[PDB]
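Check out this one - salicylic acid stuck to Ferrochelatase, mitochondrial.
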Number of protein chains: 2
Amino acid sequence: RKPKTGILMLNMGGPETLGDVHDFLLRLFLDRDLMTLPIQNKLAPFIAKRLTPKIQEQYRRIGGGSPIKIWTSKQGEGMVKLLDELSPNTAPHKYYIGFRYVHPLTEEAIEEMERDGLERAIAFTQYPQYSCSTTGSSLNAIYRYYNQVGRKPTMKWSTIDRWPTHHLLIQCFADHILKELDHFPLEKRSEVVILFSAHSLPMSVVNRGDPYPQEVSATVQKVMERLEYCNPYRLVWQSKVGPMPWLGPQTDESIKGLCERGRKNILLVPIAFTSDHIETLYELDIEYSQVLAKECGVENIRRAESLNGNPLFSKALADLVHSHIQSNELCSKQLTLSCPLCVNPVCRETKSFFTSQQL
Amino acid sequence: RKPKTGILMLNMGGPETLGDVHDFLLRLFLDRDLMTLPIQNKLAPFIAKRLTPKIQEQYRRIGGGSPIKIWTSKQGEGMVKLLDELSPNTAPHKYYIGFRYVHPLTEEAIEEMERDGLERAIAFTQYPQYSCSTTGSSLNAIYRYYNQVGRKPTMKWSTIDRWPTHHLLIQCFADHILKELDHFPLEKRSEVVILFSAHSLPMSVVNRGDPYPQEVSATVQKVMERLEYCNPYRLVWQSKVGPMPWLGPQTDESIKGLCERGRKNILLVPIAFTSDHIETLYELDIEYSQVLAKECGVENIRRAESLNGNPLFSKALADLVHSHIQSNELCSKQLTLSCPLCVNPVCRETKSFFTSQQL
Ligand SMILES: C[C@H](CCC(=O)O)[C@H]1CC[C@H]2[C@@H]3[C@H](O)C[C@@H]4C[C@H](O)CC[C@]4(C)[C@H]3C[C@H](O)[C@]12C
Ligand SMILES: C[C@H](CCC(=O)O)[C@H]1CC[C@H]2[C@@H]3[C@H](O)C[C@@H]4C[C@H](O)CC[C@]4(C)[C@H]3C[C@H](O)[C@]12C
Ligand SMILES: C[C@H](CCC(=O)O)[C@H]1CC[C@H]2[C@@H]3[C@H](O)C[C@@H]4C[C@H](O)CC[C@]4(C)[C@H]3C[C@H](O)[C@]12C
Ligand SMILES: C[C@H](CCC(=O)O)[C@H]1CC[C@H]2[C@@H]3[C@H](O)C[C@@H]4C[C@H](O)CC[C@]4(C)[C@H]3C[C@H](O)[C@]12C
Ligand SMILES: C[C@H](CCC(=O)O)[C@H]1CC[C@H]2[C@@H]3[C@H](O)C[C@@H]4C[C@H](O)CC[C@]4(C)[C@H]3C[C@H](O)[C@]12C
Ligand SMILES: C[C@H](CCC(=O)O)[C@H]1CC[C@H]2[C@@H]3[C@H](O)C[C@@H]4C[C@H](O)CC[C@]4(C)[C@H]3C[C@H](O)[C@]12C
Ligand SMILES: C[C@H](CCC(=O)O)[C@H]1CC[C@H]2[C@@H]3[C@H](O)C[C@@H]4C[C@H](O)CC[C@]4(C)[C@H]3C[C@H](O)[C@]12C
Ligand SMILES: C[C@H](CCC(=O)O)[C@H]1CC[C@H]2[C@@H]3[C@H](O)C[C@@H]4C[C@H](O)CC[C@]4(C)[C@H]3C[C@H](O)[C@]12C
Ligand SMILES: O=C(O)c1ccccc1O
Ligand code: FES
Ligand code: FES
């Protein structure tokens with residue numbers, strides 16, 4: 001049977017092999033939704049070239065590439081299997097991967113959805129908490145694709161643009177946390193401090209009104225409420241680079257600070273993504289857990305397993321799509337409000353692209 | 001009958017009259033938990049004298065003083081009336097006001113609780129979301145009182161140190177929001193943007209691990225869930241002073257930014273306060289809503305009424321205390337963890353003061 005409903009799973013992506021690092025960086029430095037640079041068309045290739053060896057080495061240290069596409073594919077397959085059974089009125093469903101900066105690109109996926117002759121298309125961000133830099137850029141890329149090719153869409157579009165507190169997402173995190181807690185020595189379990197760690201943002205982005213940290217905070221509170229506040233926690237922020245001010249405290253400084261203050265049993269939780277990648281496999285596991293924490297005299301540090309192939313997570317995704325379809329929503333109410341200090345004219349046009357869709 | 005259980009309601013306080021401004025400022029600038037100054041014992045009275053006229057002027061513009069004591073008293077009376085019926089085994093209950101920087105001072109309230117020969121004493125912060133600079137300083141003040149007086153307490157202490165998502169608090173906020181939405185022109189209701197506004201913090205405090213912004217965000221998400229995301233929103237931050245970096249976006253810049261971008265119907269919600277203060281009556285209502293908003297060409301701007309005398313809020317307070325009593329809790333799990341980058345030796349001692357209390 002011909003596919004009727006397409007689910008476009010949006011994520012930034014990561015280089016599958018060390019060879020893919022350069023083009024990954026190049027596409028990213030060319031993204032003007034993500035960042036504006038002087039003489040950008042010339043600086044982008046240069047910075048990409050400059051950072052490539054260092055970034056290649058990081059991927060080498062985790063096994064030679066990003067597992068994002070594998071996890072995204074498995075999650076997508078599980079989601080589709082479920083949707084075909086619980087939403088027959090919209091079946092057959094098909095998932096499409098649209099990575100922002102690596103193949104398959106958002107544009108390539110849209111091309112394939114069109115050729116497949118879908119009746120309905122759903123832009124399903126794989127970031128549960130909205131940031132204009134991630135989800136925003138991915139949604140902008142969809143509007144721009146149609147603008148650039150000078151044609152209207154042939155499919156009815158809509159977006160699931162955020163889902164920071166979906167009860168099944170919450171259950172998966174809480175589940176993974178309890179599992180990791182079971183892996184601490186029993187005598188230390190109650191003493192464990194939970195560090196929720198989300199990718200930081202530079203303060204220039206926070207200060208223009210980015211909804212990300214408030215939504216991340218909502219996810220954290222929902223998870224802790226489900227865990228009945230069994231352990232104390234803090235939300236901290238990782239991956240800052242460069243000399244500018246970013247939102248803190250930093251995950252690395254917090255780990256060190258905790259240890260210096262006698263809290264030497266720490267559970268790291270990657271609360272802002274749904275599968276592994278460099279930020280967990282290299283930064284958290286190698287840099288912070290193996291190296292930093294050893295230097296600080298930690299007793300036990302562990303990290304909750306990423307959601308990855310958890311079947312309940314596939315159920316979360318299917319439920320999200322199912323409710324979205326049944327409610328006839330075009331986008332969240334939140335998408336109808338741009339940042340109070342937004343300075344990117346495409347944000348408004350992208351917002352309108354979704355809110356104005358024919359039903 | 002002699003009071004059995006005392007509920008110490010902790011808040012910063014504000015000057016009751018213009019004459020109270022100087023000593024208010026003086027006590028504040030002397031609080032080393034709040035801030036460290038060079039030659040502090042000399043600079044504190046000077047800065048107090050220096051700011052006094054300007055601050056007096058602000059209070060004059062709202063009617064000549066802070067209403068915090070009036071509202072705290074009414075809330076406390078309502079709370080106690082309920083508590084005597086909810087929990088007769090701990091009755092008679094009595095409330096005490098412990099303001100940090102004005103009479104009646106935290107220390108004066110403790111002296112009175114001690115004289116009243118209470119069996120049970122509860123440090124009940126009136127800030128729903130914990131900040132080390134507010135609730136932290138108030139709890140520190142209690143520990144310091146006993147330490148400075150050289151005597152152990154004759155009462156069994158515990159604390160309700162935060163309550164950012166208490167279901168009745170959330171209902172009060174949602175109710176006041178709906179009531180305010182009803183006051184906009186019907187044709188503009190759906191177009192209204194909600195700006196949740198909380199007091200900002202300097203980034204130096206955020207970056208040391210202050211739990212405040214994450215808890216404020218939790219309160220915001222709970223309120224919006226209850227409202228069924230009826231309007232789009234942003235959490236923004238007010239009251240920054242001085243040249244240093246603070247958490248943004250600023251409420252004032254956000255109001256102007258919304259107006260320049262065509263969102264001219266705005267509902268302000270003071271989400272981190274439970275009664276009126278200079279921050280609502282002067283900063284939001286006069287500076288932003290009367291002056292700034294008119295300059296920006298706003299169509300409609302309103303502020304949700306503070307919780308103040310809502311009898312449902314009194315019910316929230318009673319329910320909190322009642323649940324605290326029933327659970328035999330000494331403090332939240334969160335209090336057992338100080339900031340990862342805390343540099344105040346007293347924080348740990350105060351934490352221990354509460355966690356170690358005889359039951
Ligand atoms: C903070 C920023 C997004 C915020 C923004 O729009 O300004 C994020 C999103 C993708 C990130 C980049 C990508 O993860 C790729 C690179 C990863 C390296 O480990 C650091 C630099 C690196 C180039 C990252 C810098 C920065 O953290 C980026 C750009
Ligand atoms: C000033 C500009 C950022 C301005 C903006 O974002 O619009 C920054 C961002 C990236 C910077 C460049 C990149 O870091 C790459 C180069 C790094 C070298 O150390 C300096 C030149 C170099 C070419 C930088 C020049 C300048 O500091 C840049 C271009
Ligand atoms: C570290 C990296 C490359 C620097 C180099 O080694 O030459 C530089 C190049 C572009 C920079 C980014 C861009 O200038 C865009 C962002 C600008 C914000 O002010 C800080 C974060 C921000 C995301 C920058 C972080 C970091 O300094 C980047 C990613
Ligand atoms: C009781 C002891 C010394 C107090 C004293 O000298 O009077 C104090 C000093 C440091 C404290 C420890 C550190 O603060 C680190 C931990 C903090 C946790 O909240 C309790 C256990 C924890 C391990 C603390 C237990 C206990 O209160 C300690 C060990
Ligand atoms: C350096 C210090 C802040 C650092 C700290 O918190 O210790 C700041 C905070 C308050 C400042 C003081 C107050 O603003 C009052 C005075 C203001 C005058 O403009 C300068 C001297 C003056 C006396 C200031 C000196 C200095 O800039 C102070 C003392
Ligand atoms: C942000 C800060 C607490 C955080 C901290 O400094 O660590 C808050 C708590 C009480 C605030 C102060 C009090 O509200 C009293 C003053 C009110 C005036 O409108 C501004 C200065 C003023 C002196 C405030 C400055 C600042 O916002 C303070 C000091
Ligand atoms: C504005 C006020 C008085 C300035 C003056 O009249 O001289 C000054 C004096 C002390 C200052 C505060 C203290 O220095 C403590 C805090 C220091 C942080 O770096 C900024 C906020 C911080 C809370 C300061 C805000 C503001 O600049 C204050 C409150
Ligand atoms: C349709 C019109 C411009 C048409 C265009 O040139 O393509 C756009 C431009 C500015 C838009 C308005 C502004 O963006 C402000 C409002 C934004 C809200 O999300 C919708 C209503 C709202 C009032 C918008 C309605 C409509 O989409 C407007 C009026
Ligand atoms: O946690 C933060 O530091 C923060 C900052 C802005 C908005 C919401 C937040 O939780
Ligand atoms: S930057 Fe947030 S909507 Fe444009
Ligand atoms: S500053 Fe937060 S516990 Fe000390």
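We name chains A, B, ... by the order of the sequence lines, and we start the count at 1 in each one. One-based numbering, in listed order, for ligands and for the atoms of each.
The full list of places where salicylic acid can be found here is ligand 9.
For salicylic acid, the other chains with a heavy atom below 4.0 Å are labelled A, B. According to the entry, no covalent attachment of salicylic acid to a chain is modeled. If you number the atoms of salicylic acid from 1 as listed, the ones under 4.0 Å from a heavy atom of B:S217 come out as 8 (C), 9 (C), 10 (O).
Evaluated by nearest non-hydrogen atom to atom 4 (C) of salicylic acid, the leading choice among B:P213, A:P211, A:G248, B:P249 is B:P213.
When each atom of salicylic acid is checked for a heavy atom of B:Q214 under 4.0 Å away, the hits are 1 (O), 10 (O).
At least one heavy atom of B:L247 sits closer than 4.0 Å to an atom of salicylic acid. Near A:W237, with a cut-off below 4.0 Å to any heavy atom, the atoms of salicylic acid are 1 (O), 2 (C). The set of residues with a heavy atom less than 4.0 Å from salicylic acid is A:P213, A:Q214, A:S217, A:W237, A:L247, B:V206, B:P213, B:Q214, B:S217, B:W237, B:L247.
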